[PDB]
Amino acid sequence: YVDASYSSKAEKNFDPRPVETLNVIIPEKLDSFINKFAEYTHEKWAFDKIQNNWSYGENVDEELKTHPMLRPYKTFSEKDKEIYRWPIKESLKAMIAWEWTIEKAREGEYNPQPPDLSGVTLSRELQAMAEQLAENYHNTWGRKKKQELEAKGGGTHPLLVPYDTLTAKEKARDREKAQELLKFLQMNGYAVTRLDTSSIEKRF
Amino acid sequence: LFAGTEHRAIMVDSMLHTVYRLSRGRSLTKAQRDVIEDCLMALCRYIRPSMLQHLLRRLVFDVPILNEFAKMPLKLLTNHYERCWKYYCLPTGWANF
Amino acid sequence: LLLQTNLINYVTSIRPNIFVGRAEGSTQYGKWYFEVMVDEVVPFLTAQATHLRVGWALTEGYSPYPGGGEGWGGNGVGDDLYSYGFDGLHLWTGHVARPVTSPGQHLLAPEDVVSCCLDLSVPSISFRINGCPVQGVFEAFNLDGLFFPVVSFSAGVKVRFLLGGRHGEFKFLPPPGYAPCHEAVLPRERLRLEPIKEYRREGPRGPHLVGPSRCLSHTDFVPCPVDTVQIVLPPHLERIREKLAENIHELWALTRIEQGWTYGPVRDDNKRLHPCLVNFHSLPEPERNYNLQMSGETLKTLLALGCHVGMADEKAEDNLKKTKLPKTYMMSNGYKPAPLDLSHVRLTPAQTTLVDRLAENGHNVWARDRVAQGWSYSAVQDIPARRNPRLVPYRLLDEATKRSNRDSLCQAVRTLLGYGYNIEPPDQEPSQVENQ
Amino acid sequence: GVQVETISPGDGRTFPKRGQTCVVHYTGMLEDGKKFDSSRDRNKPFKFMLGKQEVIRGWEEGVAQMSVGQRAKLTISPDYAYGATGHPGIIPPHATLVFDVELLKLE
Amino acid sequence: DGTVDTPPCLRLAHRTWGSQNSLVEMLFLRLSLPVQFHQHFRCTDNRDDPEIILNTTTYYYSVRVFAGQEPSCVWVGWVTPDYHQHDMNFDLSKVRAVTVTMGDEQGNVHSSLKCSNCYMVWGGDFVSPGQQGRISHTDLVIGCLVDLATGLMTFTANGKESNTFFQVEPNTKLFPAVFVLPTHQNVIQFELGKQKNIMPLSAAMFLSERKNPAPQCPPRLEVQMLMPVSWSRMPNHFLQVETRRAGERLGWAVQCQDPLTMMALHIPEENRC
Ligand SMILES: Nc1ncnc2c1ncn2[C@@H]1O[C@H](COP(=O)(O)OP(=O)(O)OP(=O)(O)O)[C@@H](O)[C@H]1O
Ligand SMILES: COc1ccc2c(c1)CN(Cc1ccc(C(=O)O)cc1)CCS2
């Protein structure tokens with residue numbers, strides 16, 4: 001037997017410790033990507049609406065079962081644009097806090113014409129970091145979820161488990177989110193760097 | 001009677017977690033604790049191996065601690081893998097399981 | 001409403017073991033021809049008219065079982081959509097008889113010769129009876145299988161297959177471009193007449209039950225060499241790649257010296273003259289570069305197959321013995337070619353399996369290259385017609401030639417081991433083809 | 001309404017005339033492909049004399065066009081056979097009859 | 001059963017869909033009774049007209065692909081009684097086809113007939129390339145029209161006439177058939193209804209209902225599935241065939257002399273014995 005995920009945190013109820021990055025200063029030398037991709041993820045949500053077969057609307061309503069405030073950039077208020085960037089801000093903080101320096105090898109630069117997909121493959125070393133980042137998505141998600149739950153002291157959320165323990169079907173939420181960020185870094189050429197074990201050596 | 005409860009796997013899994021969580025309970029007498037442990041042992045003997053996956057996931061987090069509460073899970077895991085070894089080892093798996 | 005009963009005759013089909021088909025990149029020829037001559041037919045041996053049809057059938061689907069079937073039983077050629085028959089008066093397909101016009105129409109009679117033409121390019125099937133064309137053709141049919149000649153008959157018939165060559169001289173000249181069916185026999189099989197998907201046969205002590213028969217597919221004649229697009233060889237492998245071509249040429253020249261080849265300005269097999277039969281360095285470089293493309297793939301296929309190879313030893317390359325041809329066994333030039341001496345070299349059993357895979361790939365690379373040039377398989381070699389007996393996938397090749405390619409690849413591997421380069425046999429990945 | 005399509009050639013010289021007994025072996029099917037009569041099953045050739053209206057009128061012209069030893073396929077329109085009345089229990093009304101007839105000899 | 005607004009139907013449902021051990025594979029279904037084309041073809045509100053409906057030779061039936069079942073995995077049409085293609089990767093390219101072409105002494109094609117055992121349309125041809133939402137709110141109702149007096153077959157997507165059509169020879173038997181790969185609990189539904197001035201299938205399958213425009217689903221009409229393997233009886237005796245190489249110039253000779261006869265039981269509607 002060879003485990004597909006041949007890696008471990010080697011750490012240690014269950015208390016998911018997040019990653020401390022607010023204390024350390026966030027480098028802003030790559031702000032051309034920080035702000036652009038922060039609104040690009042929400043720009044991809046506009047493409048998700050046309051796939052939902054229900055378009056975007058201006059008025060707030062619960063009947064369209066979609067985002068009610070999604071507006072074309074001509075009449076799109078920046079109040080929501082200036083608050084949707086926060087998850088991306090900490091996402092870039094998270095991947096840079098784990099001693100992973102990012103270098104811009106290249107030097108350049110209502111519909112998101114460039115399509116960001118997740119069905120393509122990627123190298124093992126770089127994808128391992130994305131899965132580690134996806135783990136940080138879950139523990140931070142688990143941390144805030146358990147803070148509300150810990151007020152009772154009895155019972156626990158069914159997904160309050162370590163990231164390696166949960167199966168793939170419940171992993172695709174954080175898996176695709178981390179991969180999608182890595183895919184955006186892939187076609188542009190962002191180099192982030194901190195093993196080579198054959199299948200025979202991975203057998204039990 | 002829990003042999004063919006695949007259609008109600010969600011409720012059965014919740015039952016297994018609750019009885020297991022009861023076993024790891026403070027303010028329980030020794031006589032009461034073994035009754036809970038005996039119920040958990042009996043349930044895992046007839047429940048299909050596929051429906052024990054979530055319970056095993058919880059045991060993975062707890063058993064390696066090897067504290068005083070780990071005695072019952074060790075016996076539970078020993079009986080589970082001895083009974084269902086074909087389910088994990090043989091490429092064709094256990095018959096009709 | 002009520003079930004109907006009637007007495008019917010049993011009908012059996014007989015085919016040669018000749019299978020042709022069309023596929024993208026296939027090595028098979030496209031146009032085929034054969035004849036069937038009728039010697040004796042009893043028009044009414046029983047209350048039902050005697051069955052006799054001639055035509056082509058498809059391997060994947062034509063399985064006439066004795067007894068019942070479509071319509072009123074007695075299913076033969078043209079009683080389904082996998083066969084296309086001709087009984088002298090009608091063209092049979094899909095269990096439907098369509099009258100056809102020929103000079104002097106009559107049901108198949110003694111001394112009649114039926115000519116069947118199969119042109120897979122259109123595709124089209126045409127017939128001729130006693131030399132006159134039959135004004136009716138099957139066309140635009142399926143090609144997902146192999147086509148074989150077939151005759152369906154009841155009791156009271158006596159026909160002869162004319163397949164050309166030594167297996168029945170043709171009474172009429174085949175139309176231009178068509179090849180006799182005897183040229184389509186595979187190297188590993190001998191031409192014979194057999195039933196079709198029989199589940200029973202006679203035996204010494206009694207009837208023998210027979211299971212399903214393994215059948216080839218039209219894709220089995222398409223060579224599938226491993227991908228070599230990733231052209232990245234290590235620099236130590238790149239330099240030794242050209243030197244490998246030098247050694248294999250001498251080994252190829254040496255084997256020709258055993259066959260009697262000598263030095264000569266002209267390169268002919270029958271004349272046994274070879275310019276390379278002097279020395280590897282005296283061999284012209286452009287002629288040496290002829291197999292340099294192949295020599296480059298030989299090392300590349302090692303990387304392609306997954307083998308781990310590197311310059312483990314450099315001192316081994318520097319010092320090594322050189323085997324030379326005996327002075328008694330000299331060519332016209334009289335010099336002694338010096339291929340690398342690798343008697344001390346030994347190969348692990350896993351490495352021997354690698355040589356077999358290397359030999360299979362090398363044949364397939366050569367095969368698909370010839371197909372792109374227009375070459376096709378034929379039992380009889382015809383250089384002007386670009387027909388070659390070895391224009392077949394390696395698995396279908398006969399063992400005599402299969403061993404010959406295996407020995408040549410072994411020397412090439414021995415040359416690499418002679419240089420001391422490490423060769424790691426890949427961890428073989430099993431697969432199940434599921435042909436049927 | 002008789003169409004005579006040859007299956008196997010005969011002598012091509014001798015033809016049946018009026019008042020001459022014809023010995024034939026036949027197999028009759030409905031034009032959809034359902035057999036209803038055949039002298040082969042009874043293993044006895046069928047004998048009839050032309051001009052006496054012993055058989056259906058379709059056979060009168062069809063056999064007259066055949067030669068001795070010839071095997072032919074006769075397609076008879078309903079008018080030249082039983083027609084609207086038909087043959088009760090054998091041939092449906094307005095049925096076209098197809099016959100495979102071999103003229104064995106004349107006597 | 002047929003209600004006031006719906007015709008009688010034969011609905012297929014997947015018993016174990018979604019659950020473990022569920023079997024998902026290509027399913028080949030057909031109705032138990034065929035429709036037979038006429039022996040000879042003719043030369044060259046929303047209420048049926050009584051004179052038109054009693055003289056028409058066009059018959060109709062439709063298949064409802066329920067929402068959730070992918071139209072791309074549904075094929076609707078007809079099969080001849082000699083269809084035995086149990087392909088797990090079926091598509092319209094696997095359908096057996098052959099063209100028989102007749103001509104005079106010098107070319108001059110005067111007859112080109114087309115033969116097949118499966119006349120179907122693909123459900124994937126009746127879906128617009130919308131951005132997504134391919135599982136539609138509306139079920140796909142593919143209708144099939146056959147004119148027994150002309151041999152012409154036409155199809156309708158959602159009431160819109162499709163471009164595909166087929167032509168068949170007289171006396172052809174066609175079974176209403178659907179080939180589907182299940183993707184939902186509700187898969188398909190044979191709708192044995194009728195259109196305006198068009199008779200239902202029950203009018204063509206049964207002699208006693210030729211002039212009855214009311215749709216019917218008699219008990220004999222049922223859904224049949226294609227079974228890959230069946231039991232068959234081995235004959236007690238087999239033809240003795242002698243094969244030998246008569247010589248270099250004579251070739252290979254086939255010979256069979258001893259007669260063999262069996263008593264065949266023929267099933268009329270299935271055209272097999
Ligand atoms: N580069 C190559 N050229 C020709 N044959 C090759 C080559 N590499 C391998 N082979 C093998 O050689 C056999 C066919 O060789 P071929 O018939 O061309 O030989 P030949 O007639 O002696 O050569 P030539 O055509 O150059 O006179 C096949 O088994 C094929 O796999
Ligand atoms: C595996 O590789 C092979 C296998 C078989 C043959 C050749 C190369 C050689 N090719 C032509 C050739 C002959 C001699 C030379 C030379 O001596 O330089 C180069 C090419 C076809 C003849 S059989």
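So that the names make sense, note that chain A is the first sequence line, chain B the second, and so on, each numbered from 1. When a ligand or atom number is given, it counts from 1 through the structure's own listing order. Only a slice of the deposited entry appears, and the contacts counted are all within that slice.
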At ligand 2, which drug is present?
ARM210
Per UniProt, what is the name of the chain that shares the largest number of close contacts with ARM210?
Ryanodine receptor 1
Can you list the other chains with a non-hydrogen atom under 4.0 Å from ARM210?
C
Heavy-atom contacts under 4.0 Å between C:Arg267 and ARM210: side chain, backbone, both, or neither?
neither
Could any protein non-hydrogen atom be found less than 4.0 Å from atom 16 (C) of ARM210?
yes
Compute the shortest N/O to N/O distance between C:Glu287 and ARM210 and return yes if it is under 3.5 Å, no if not.
yes
Regarding atom 19 (C) of ARM210: of the candidates C:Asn291, C:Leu277, C:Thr298, which has the closest heavy atom?
C:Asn291
Using heavy atoms and a threshold below 4.0 Å, how should the contact between C:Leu409 and ARM210 be classified: side chain, backbone, both, or neither?
neither
Answer with side chain, backbone, both or neither: which part of C:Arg288 has a heavy atom less than 4.0 angstrom from an atom of ARM210?
backbone
Which residues from other chains neighbour ARM210 at a non-hydrogen distance under 4.0 Å?
C:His249, C:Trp252, C:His274, C:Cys276, C:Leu283, C:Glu287, C:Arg288, C:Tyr290, C:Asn291
